[PDB]
Amino acid sequence: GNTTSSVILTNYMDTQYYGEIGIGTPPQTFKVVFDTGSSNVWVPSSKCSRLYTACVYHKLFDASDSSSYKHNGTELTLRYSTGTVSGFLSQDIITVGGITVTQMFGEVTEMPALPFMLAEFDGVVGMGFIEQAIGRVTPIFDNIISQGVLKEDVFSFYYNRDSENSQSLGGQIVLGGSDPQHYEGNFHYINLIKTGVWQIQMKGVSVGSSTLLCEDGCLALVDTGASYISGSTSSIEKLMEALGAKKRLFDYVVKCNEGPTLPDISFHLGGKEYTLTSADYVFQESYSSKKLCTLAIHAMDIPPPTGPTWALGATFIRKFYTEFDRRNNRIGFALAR
Ligand SMILES: CN[C@H](CNC(=O)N1CCC[C@@H]([C@@H](OCCNC(=O)OC)c2cccc(Cl)c2)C1)C[C@H]1CCCOC1
Ligand SMILES: *[C@@H]1O[C@H](CO)[C@@H](O)[C@H](O)[C@H]1NC(C)=O
Ligand SMILES: [Cl-]
Ligand SMILES: [Cl-]
Ligand SMILES: [Cl-]
Ligand SMILES: [Cl-]
C-alpha cells in the first residue's frame, strides 16, 4: 500500500479544530475532532431527543437512511474532561479522506448542554489506542491499518494560527504520512513510554532562565483534542505566579500590555528544548493596559492511570507539526510552517 490521505480542518478561534467525515451510504456528513487523547468514534443520533438542546444544534446520524448500516445497539458511555455522552453502538462505512472503512462507532442520544452547546463540531474521532477505547471497540486507525492501504502506519497534524484571511488553511491531518509543506527540517522522534497512550516522558518545564517545573521529570500526553497546554493544578499555580497571571472562572489572564515581554516557556523533550514564546501562548486581543488577555494554558488534573500528566494541546502543536507513529511507537516533532 502507498496511499496517504488528507483532511482539511477548520480552525475556530484557535480552540477548536475539526474536519469532515461521511457515515453511511449515501454519506451523512459530520464535523469531527480528531482526538489523540481518546479512542472511540461518536456522532449524535437521530434518536437523540429534542430535550437535548445540543442535539437540536448539531447534525444527527439517521440509521434508517443508510443501506450499509448494521445494527448493534450495545450501550456506550464516554466520559471526558468536558462531560459525559451516552448512546449505543452502530456499525457503518466511514470515509475519511480517500479512505473508506467499516467501523463501529457510538450513536449518541444523551449530550449535555455544558459544554456541547459550545462545540462547533458534531462528534469525535478518537485516534488513540484500543487500550483506551471504551467497550474495547476497535479504533478507526486500527481498522485503517488493517486495510493495508497506508504508505506508512503513521498520521500527523498541522494546526494553523487563526487568520482573518478567508483563505487560510485552518489545519490538516495526514493519514499515512506527513506533509513537508507544513513543517521544516527533519523530525525529532521521541519514544512512547508504552503502547496504548500517546504519552512521552518529559524532563522539565522551564519559565525564563530558571527550570521552575517538573524538575525531576513528569509526563506529557500529546493531545490533539486539547485546546491548550495543561498541567496539574499545583504546577500551573507555580507557572501562573511566575507569569504574574490571574485566575478567573474560565481562564487565566494577564494584562494585555504585559504579554509580549512575558518569559518563554520551554518543554524539555527527548533531550531538546521545545520553546513557546508569549506570542505563542497569549491571546493578544489588544495591547491595552486596561484589558485582560487570556493565556492558552490551564490546569487539568488528569486522573490515574493516564495522569498525573501534562497535556500538550493545540497551543503546542501550532508550533510543532506532530507525527504520531504506530509502527515504531513514537511521536515526531518538527517546526511547523
Ligand atoms: C482527551 N482529548 C480531549 C481533551 N480536551 C480537553 O480536555 N479540552 C478542555 C475542555 C474544552 C475542550 C474543547 O475541545 C475542543 C476540541 N479540541 C480541540 O480542537 O483541540 C485542539 C471544547 C470546547 C468547547 C466545547 C467542547 Cl464539547 C469542547 C478541550 C477530549 C475532548 C474532545 C472533544 C470533546 O470534549 C472532550
Ligand atoms: C454488537 O456488539 C456486541 C459486542 O461485540 C456483540 O456481542 C454483538 O454480537 C453485536 N450485536 C449484534 C446484534 O450483532
Ligand atoms: Cl437502540
Ligand atoms: Cl473515555
Ligand atoms: Cl512541578
Ligand atoms: Cl496563540
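Index from 1, following the sequence. Heavy-atom basis, side chains included; hydrogens, waters and symmetry copies ignored. Order of listing sets the numbers, starting from 1, for every ligand and every atom in it. Going by what the header records, the deposited coordinates were determined by X-ray crystallography, 2.2 Å.
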Discussion item. Help me out - what's the drug at ligand 1 named?
Written reply: VTP-27999
- Task: Count heavy-atom pairs within 4.5 Å of VTP-27999 (ligand 1) for each chain, then name the one with the most as the PDB entry does.
- Result: Renin
Requested in this report: Could you find the nearest protein heavy atom to atom 29 (C) of VTP-27999 (ligand 1) and give me its residue, atom name and distance?
Outcome: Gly225 O, 3.6 Å
| task | Return the residue, atom name and 0.1 Å-rounded distance of the protein heavy atom closest to atom 7 (O) of VTP-27999 (ligand 1). | result | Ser81 OG, 2.8 Å
Worksheet item: Do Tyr80 and VTP-27999 (ligand 1) have an N or O pair less than 3.5 Å apart?
Response: no
- atom 11 (C) of VTP-27999 (ligand 1): nearest protein contact (heavy atom, Å): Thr82 CG2, 3.7 Å
_Quick one: most residues of chain A near VTP-27999 (ligand 1) sit in which UniProt domain?_
Peptidase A1
Proximity winner for atom 25 (C) of VTP-27999 (ligand 1), if only heavy atoms of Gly313, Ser230, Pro115 are counted:
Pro115
(Q) Quick test of your reading of the structure: of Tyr159, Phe116, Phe121, whose heavy atom lies closest to atom 26 (C) of VTP-27999 (ligand 1)? (A) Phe121
Checklist entry - Is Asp35 in polar range of VTP-27999 (ligand 1), meaning some N or O pair under 3.5 Å apart? => result yes
Distance to 0.1 Å, residue and atom name: give those for the protein heavy atom nearest to atom 23 (C) of VTP-27999 (ligand 1). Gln16 NE2, 3.9 Å
Closest protein heavy atom to atom 19 (O) of VTP-27999 (ligand 1), given as residue, atom name and distance to 0.1 Å:
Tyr17 N, 3.0 Å
query: Which chain positions lie within 4.0 Å of VTP-27999 (ligand 1) by heavy-atom distance?
result: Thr15, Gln16, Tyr17, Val33, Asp35, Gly37, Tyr80, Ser81, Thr82, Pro115, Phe116, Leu118, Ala119, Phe121, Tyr159, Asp223, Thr224, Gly225, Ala226, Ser227, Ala314
